[PDB]
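Structural view - fosfomycin (bound form) in its complex with UDP-N-acetylglucosamine 1-carboxyvinyltransferase.
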Amino acid sequence: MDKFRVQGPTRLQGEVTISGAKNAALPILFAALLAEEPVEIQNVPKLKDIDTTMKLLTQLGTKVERXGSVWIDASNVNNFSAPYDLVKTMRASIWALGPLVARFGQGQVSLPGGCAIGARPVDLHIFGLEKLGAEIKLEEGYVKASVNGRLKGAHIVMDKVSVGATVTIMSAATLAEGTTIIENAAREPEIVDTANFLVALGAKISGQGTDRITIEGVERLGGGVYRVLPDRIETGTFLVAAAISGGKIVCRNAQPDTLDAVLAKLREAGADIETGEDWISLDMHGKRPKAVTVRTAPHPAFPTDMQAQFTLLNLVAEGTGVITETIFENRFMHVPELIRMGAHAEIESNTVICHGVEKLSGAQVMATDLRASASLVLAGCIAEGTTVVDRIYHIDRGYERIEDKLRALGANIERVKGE
Ligand SMILES: CC(=O)N[C@H]1[C@@H](OP(=O)(O)OP(=O)(O)OC[C@H]2O[C@@H](n3ccc(=O)[nH]c3=O)[C@H](O)[C@@H]2O)O[C@H](CO)[C@@H](O)[C@@H]1O
Ligand SMILES: *[C@H](C)[C@H](O)P(=O)(O)O
């Protein structure tokens, strides 16, 4: 298993060009299963989840090719059962189900994998497809969906906010007979991006970005070209990298309006932030951040995908800060690893009480998920000495070229094979 060896401390400063969103590219690639004509999806990041997705689509009979763009021809899709080996390596695999049943009348997918930060059920996806008329049965380790003829539009009220289920329902609804109204829909920027990609193929969707999405089903979707929006979590990660290291960083190919809460929280921490149409700069002026209070919640509130990174920020900040995680139940394992690097924190139910220290110390650390792993690498950049972060393949799932980007910002980093 590869590891990153980091020698700190190093100020992280300069510029970085943000890649397309991991979490918009994924639902768009699965939505392309609905397309009868060639599709070109632009600005797709080179991530392990994207590679897994391309392999999964190919196994269903999709013809896929990629470079910066990914080309999809789903005209000959003819196998409606997704293989367990690909399905279980990430979360996005659940999105194959709705498109398959909506377009072909049937689809089978195993329970997904992905960030091991909670039980992460898919009951809401099941709920929504059933509301659209699909029969759902759990057999042989598969979630099997089927319908005789078209799905039927429905007024669907979500009992809980779910990014994934909102995408599943909105996507399947595009080929349903009639109108679907999703109430209490997730508002994430990736949902807006997926909706607009669907519309480019001929779908009729309005309300994306709000809590109510209305879809008017059509007979079929064609093809088209669509550019994936910038990755707000990769952006937030590098803004935090500047903030915790006293540097100034300018993020290019950014979309400022997807980060209102994160930018506001960084300003509370003392950051001097400026934004333009497609860029964001952050200058800490060499100053230590001020501790802040953070509570994760559905977009547009502070994102759980920036939680581990802000935990690191508070742990090197001046004063006592708070991190409250309301979305996932097992997303604090980066904490004991940072404590081994010298941090001071107490976990109390779904909250971490942070007591910032001036400097962290290098150590052999490991996280079992994407954002926590990236956070340990940032901690290594600012700690004194050598930090070795094990199992960094987790980072490959969500960051394109994090090694080259961090090195361009000043990091002393090396990828090693290790034992
Ligand atoms: C591939 C992708 O886009 N991943 C993102 C997506 O995941 P994901 O789509 O899984 O996020 P969800 O919004 O669906 O989950 C939010 C909450 O709802 C629960 N839930 C979800 C679905 C369901 O059927 N039942 C249920 O109980 C969850 O386990 C969690 O406690 O949004 C998360 C929250 O912003 C991000 O942190 C993930 O990086
Ligand atoms: C970590 C939560 C990743 O984004 P997912 O793909 O598993 O959701």
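By convention here, the first residue in the shown sequence is residue 1. Read the numbers this way: they start at 1 and go in the same order the structure lists the ligands and their atoms.
All instances of fosfomycin (bound form) together account for ligand 2. My check of the UniProt phosphoenolpyruvate-binding residues in chain A for heavy atoms under 4.0 Å from fosfomycin (bound form, ligand 2) returns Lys22, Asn23.
For fosfomycin (bound form, ligand 2), the polar-atom distance check finds no N/O of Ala92 at less than 3.5 Å from any of the ligand's N/O atoms. Note: no N/O pair closer than 3.5 Å links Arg331 and fosfomycin (bound form, ligand 2) by distance alone.
Each of the following atoms of fosfomycin (bound form, ligand 2) lies closer than 4.0 Å to a heavy atom of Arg91: 5 (P), 6 (O), 7 (O), 8 (O). For fosfomycin (bound form, ligand 2), the polar-atom distance check finds an N/O of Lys22 within less than 3.5 Å of one of the ligand's N/O atoms. Residue-ligand proximity: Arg371 is placed with every non-hydrogen atom at 4.0 Å or more from fosfomycin (bound form, ligand 2).
Nearest non-hydrogen protein atom to atom 8 (O) of fosfomycin (bound form, ligand 2) is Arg120 NH2, 2.8 Å.
Nearest protein heavy-atom neighbour of atom 7 (O) of fosfomycin (bound form, ligand 2): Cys115 N, 2.8 Å. The contact set between fosfomycin (bound form, ligand 2) and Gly114, taken as ligand atoms under 4.0 Å from a residue heavy atom, comprises 7 (O). In chain A, UniProt UDP-N-acetyl-alpha-D-glucosamine-binding residues less than 4.0 Å from fosfomycin (bound form, ligand 2) by heavy-atom distance: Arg91, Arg120.
As deposited, the covalent attachment of fosfomycin (bound form, ligand 2) is at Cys115 SG. Checked against a 3.5 angstrom limit, the closest N/O atoms of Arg397 and fosfomycin (bound form, ligand 2) fall inside it.
In chain A, the UniProt-annotated active-site residue lying closest to fosfomycin (bound form, ligand 2), with its least heavy-atom distance, is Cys115, 2 Å. Looking at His394 against fosfomycin (bound form, ligand 2), nothing comes within 4.0 Å, counting heavy atoms.
The binding site of fosfomycin (bound form, ligand 2) (heavy atoms under 4.0 Å) is made of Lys22, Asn23, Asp49, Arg91, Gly114, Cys115, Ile117, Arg120, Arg331, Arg397.
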